Each structure stands twice: as C-alpha cells, then as structure tokens.
Amino acid sequence: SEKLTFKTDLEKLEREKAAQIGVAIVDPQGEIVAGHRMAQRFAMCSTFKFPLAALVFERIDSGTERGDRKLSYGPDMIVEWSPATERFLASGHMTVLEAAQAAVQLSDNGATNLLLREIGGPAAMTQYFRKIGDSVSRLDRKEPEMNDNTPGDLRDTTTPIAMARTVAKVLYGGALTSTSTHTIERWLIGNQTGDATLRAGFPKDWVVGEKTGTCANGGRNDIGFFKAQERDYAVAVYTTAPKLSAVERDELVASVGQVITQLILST
Ligand SMILES: *C(=O)/C=C/N[C@@H](C(=O)O)[C@](C)(Cn1ccnn1)[SH](=O)=O
Ligand SMILES: C[C@](Cn1ccnn1)([C@@H](N)C(=O)O)[SH](O)O
C-alpha cells in the first residue's frame, strides 16, 4: 500500500539519520490523511509564530487590536536573530503588522517577543490554542528559552496531529476572516526561511506555504499547507536529529517532503 511505503521510507530516514520524525497530514476538516509519531510531543520552537500571527489577526478581526498600532521598544527587545527588529530599532517601533510579518517571514525573534508582550504573553498564546479546539499545544516561555528542547520537558510543545489540525482550523476552518486568512496564507507562501526545508521536497507546481522552526538538541520543524491536484491539505512536520549538521537537518526535512509527495500523488 501507499501507506506502507510512506511508513517504511520515513523509518528509513529515521534509521539512517538517527532521527525522530513526526508527521501529520490532515484535510481541510481536520480528518487524518497520514501520520507518523503523530501524538508524540515535540518542541514547537518557531513554528508557533504562525499560530501567534493567527491570534493577532483574530484580535484585529474582533476590533481589539489594530494592525497600525506602533509597538515601541529599545535595545532590551533585541535577541538572537532579530533582523527586522534591529533595522527598525532606531525608529523606535514596529507596527503590529510589521512585527507579525517579520515574525512569520523572517522568524524574527525580537518581533515575536514584541508581539507576545502586546497580546498578553505565553498565557494568551495558550488560551488561543484552547479557544480554537487545540488542547495539546502550549506556550510557556518566550524567545529564546522556548527553544531549549530539553528531553521530556512538556513546556512549549505540541504534537504533529494537534498542530496540523490547528493549521487546518486557522486556514480552512473559519477561525479568521477571509481577508486575514488570505494575508497569513500569502505571508506563508512568501516566507524567506523555508527554501531548503519542506517545500524543497514538494513538486514545483504545488502551492505551498509554511513556517519553519529550529530547536536546540537538533530540532528542525516545518508546518503549513499545500494544494496538490486541486485538493487542500494542512501539514505539520517535527524532527529531532542531534547528530546531523544544520544543513543535513534541512535536507532531512526536505526528504520528508519527498516522502509526503509520493504518498499524496499515489492517491
Ligand atoms: C525559532 O525556531 C527560533 C529559533 N531560534 C534559535 C535558532 O534559530 O536556532 C536561536 C536563534 C538559537 N541560537 C542561540 C544563539 N544563537 N542562535 S535561539 O532563539 O534559540
Ligand atoms: C532558522 C531561523 C532563525 N535563524 C536563521 C539564521 N539563524 N537563525 C528559525 N527561527 C527558523 O525559522 O527555523 S529562521 O531564519 O528559518
């Protein structure tokens, strides 16, 4: 079966790369298409920034936040990998929309913390997950501590199936207005950090958008959506490979993308 090939090929990567690979693919209604270690806990790291943007747009939709609100900050806001936040520092602020775009498309960590402060912190992020029917995903810390990925630590974790269903809810399940949905989808497509990961394993003609993550202890993740053969899918991929190089971890995620492609095209 196509399903057996999918399992076998993922386990081949696990064995040869000494990795753990979590995968969930669901349809727009959140029904399972395929999975691997789908109920296993993995650190979200930067993948959570996609849900964070959804939270922000939900508040914009509800009129309790404005995209043009200026969020002021100083040097203390700058953390490792804050390319946009550093550029805007002299000006003294980034708007909500600028910060959200930087968080999603550049994985800017300063901008992420700036937004977290504005919307109510990890508590607010976790409440949002709960609100959209995700009882699993949880944010406990901010950048950079949330990326520690200490084995067995439940902080700042999700499971592939929980996250994939969250992506589906946000993009296909009416969590946001069509306008806000479209804005986030286009940001995901135009993301600048995912060229070497999941989408490098998908066919050139698929419409795909995604958000990457990188965790200590060899974490490399990618979540998002793709349209293939006129059907829409939500996908979450979490990997851990402590002994691989950074480039090899990119290649691993792209390889998982190729395995996903083979399954999807066989159906
Ligand atoms: C989202 O995935 C953010 C990841 N942040 C990591 C990373 O990109 O690997 C940081 C930047 C790792 N780090 C520490 C010192 N220099 N890079 S950090 O925010 O954990
Ligand atoms: C990998 C980054 C952060 N980064 C980039 C360069 N050094 N750190 C991480 N936040 C991610 O998205 O996985 S990003 O550029 O993709």
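In this chain, numbering begins with 1 at the start of the sequence shown. Each ligand, and each atom within it, is numbered from 1 in the order the structure gives. How was it done? The header gives X-ray crystallography, 1.6 Å. The figures here come from the full heavy-atom set of this structure, side chains too, leaving out hydrogens, waters and symmetry mates.
Here the macromolecule with the greatest number of atom pairs within 4.5 Å of ligand 1 is listed in the PDB entry as Beta-lactamase GES-2. Located at ligand 1, the drug is listed as tazobactam (bound form). Taking only non-hydrogen atoms, the option from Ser46, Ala43, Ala103, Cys215 nearest to atom 1 (C) of tazobactam (bound form) is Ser46.
Taking atom 20 (O) of tazobactam (bound form) as the reference point, the nearest protein heavy-atom neighbour is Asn147 ND2, 3.1 Å. Taking the UniProt beta-lactam-binding residues of chain A and keeping those with a non-hydrogen atom under 4.0 Å from tazobactam (bound form) leaves nothing. Contact atoms of tazobactam (bound form) toward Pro144: 18 (S), 19 (O), 20 (O) (distance under 4.0 Å to a heavy atom of the residue). Entry annotation: chain A, source organism Pseudomonas aeruginosa. For tazobactam (bound form), the atoms sitting less than 4.0 Å from at least one non-hydrogen atom of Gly213 are 2 (O), numbered in the order shown with element in parentheses. Closest protein heavy atom to atom 14 (C) of tazobactam (bound form): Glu80 CG, 4.3 Å. Under the 4.0 Å distance rule, the nearest protein heavy atom to atom 10 (C) of tazobactam (bound form) falls outside the cut-off. This entry records a covalent attachment of tazobactam (bound form) at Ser46 OG. Looking at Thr47 against tazobactam (bound form), nothing comes within 4.0 Å, counting heavy atoms.
With a 4.0 Å cut-off on non-hydrogen atoms, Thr214 touches tazobactam (bound form) through its backbone as well as its side chain.
The closest UniProt active-site residue in chain A to tazobactam (bound form), going by heavy-atom distance rounded to 1 Å, is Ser46, 1 Å. Heavy-atom contacts of tazobactam (bound form) within 4.0 Å involve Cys45, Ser46, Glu80, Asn109, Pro144, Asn147, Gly213, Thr214.
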